[PDB]
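Numbering of chain A is taken from the PDB entry, so the residues present carry the numbers 870-1206, in order. For ligands, and for the atoms within them, numbers begin at 1 and follow the listed sequence. Cropped entry; intra-crop contacts only. Every heavy atom of this structure was used, including side-chain atoms; hydrogens, water molecules and symmetry mates were not.
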Amino acid sequence: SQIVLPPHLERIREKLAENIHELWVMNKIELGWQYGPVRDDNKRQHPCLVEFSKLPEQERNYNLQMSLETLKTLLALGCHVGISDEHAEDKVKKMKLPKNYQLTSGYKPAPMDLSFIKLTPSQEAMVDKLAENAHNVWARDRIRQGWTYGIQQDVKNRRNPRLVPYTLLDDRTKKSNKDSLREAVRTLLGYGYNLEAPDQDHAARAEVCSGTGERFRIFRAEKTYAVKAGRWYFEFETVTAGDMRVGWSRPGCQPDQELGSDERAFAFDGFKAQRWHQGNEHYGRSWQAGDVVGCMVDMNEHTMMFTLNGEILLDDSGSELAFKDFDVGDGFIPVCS
Ligand SMILES: Nc1ncnc2c1ncn2[C@@H]1O[C@H](COP(=O)(O)OP(=O)(O)OP(=O)(O)O)[C@@H](O)[C@H]1O
Ligand SMILES: COc1ccc2c(c1)CN(Cc1ccc(C(=O)O)cc1)CCS2
């Protein structure tokens, strides 16, 4: 609402509103909609097919407001607009149209066909965002009405399966709104009022949202199974490919601290290809979904090694040892974050 409309948009939006009005009535007659005295969509009768003057002024004004919200929404998207020229707006060609596609009046509303104009990926993205905003303004109205979501539409209980996020919306209506949006944006472009998209903003949430406030969960064997000597091996399977750590931990490990940040644990972060013990150093490569990581420790020469799907993971050098030397201490147990 805080947005103020430029005069060139003001002298463009009345012509926009009319043009899309006839766009709407041509879409209606192409799909096979007929004129009728009564307000019955199932019986295929509606006085809406006549010109906007004979059309109910409520709908005609609603169309103008509908377009006004659309203009204010292009402006609020951060999509700045430029004026290409004036003569292409003064002179707009008209396709020849078939009689069956024509209504009772001989006037052909379909203006210079938008097929010449091509939709860039950014122009499609803003079409998606306009569709999202229209759906959201559609649902704010329904919620104000008190209509709530329901798996099956209820006329009396005011339940519409339609009140869902646009991503979850049914493909039929989503496409129908999308087409009118797409044709609306193309009509805006064909008015010579070329729109330049805001720069692509990259936003990564890094999965801050989590159960309560826990960032990670640590799974380990019981402290009584600590190994002090010998050769030991266990395997860790990665169903997903995200922030994981696997390795050997001392019985003094804190469940709230990250693996390898302190001296109590030795871990391998394949997500960043990092080996973790009081710091991170580059080691090995990254895993994908389904990769199996093997962990081997030999407390005789105090070495630690790792395998990704069988092959030995190396550090920056040619050495196969993730942690060359450590102390036996109290022992080690398998651990995973
Ligand atoms: N001239 C017009 N300008 C703008 N929008 C219009 C116009 N005529 C009809 N509409 C649209 O028609 C729709 C009316 O049906 P709607 O999709 O809201 O059904 P609904 O969700 O079942 O509604 P309700 O919950 O009120 O029963 C609205 O989204 C409204 O924006
Ligand atoms: C979405 O902005 C507009 C702007 C202009 C016009 C329409 C829609 C189309 N309408 C017909 C209509 C009425 C109700 C429904 C419905 O029940 O959803 C669907 C179509 C009015 C004539 S021009």
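Of ethyl 3-aminobenzoate, ARM210, AF-219, the drug at ligand 2 is ARM210. In this PDB structure, the PDB entry names the chief binding partner of ARM210 as Ryanodine receptor 2. Site of ARM210 with heavy atoms closer than 4.0 Å: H890, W893, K897, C917, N932, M935.
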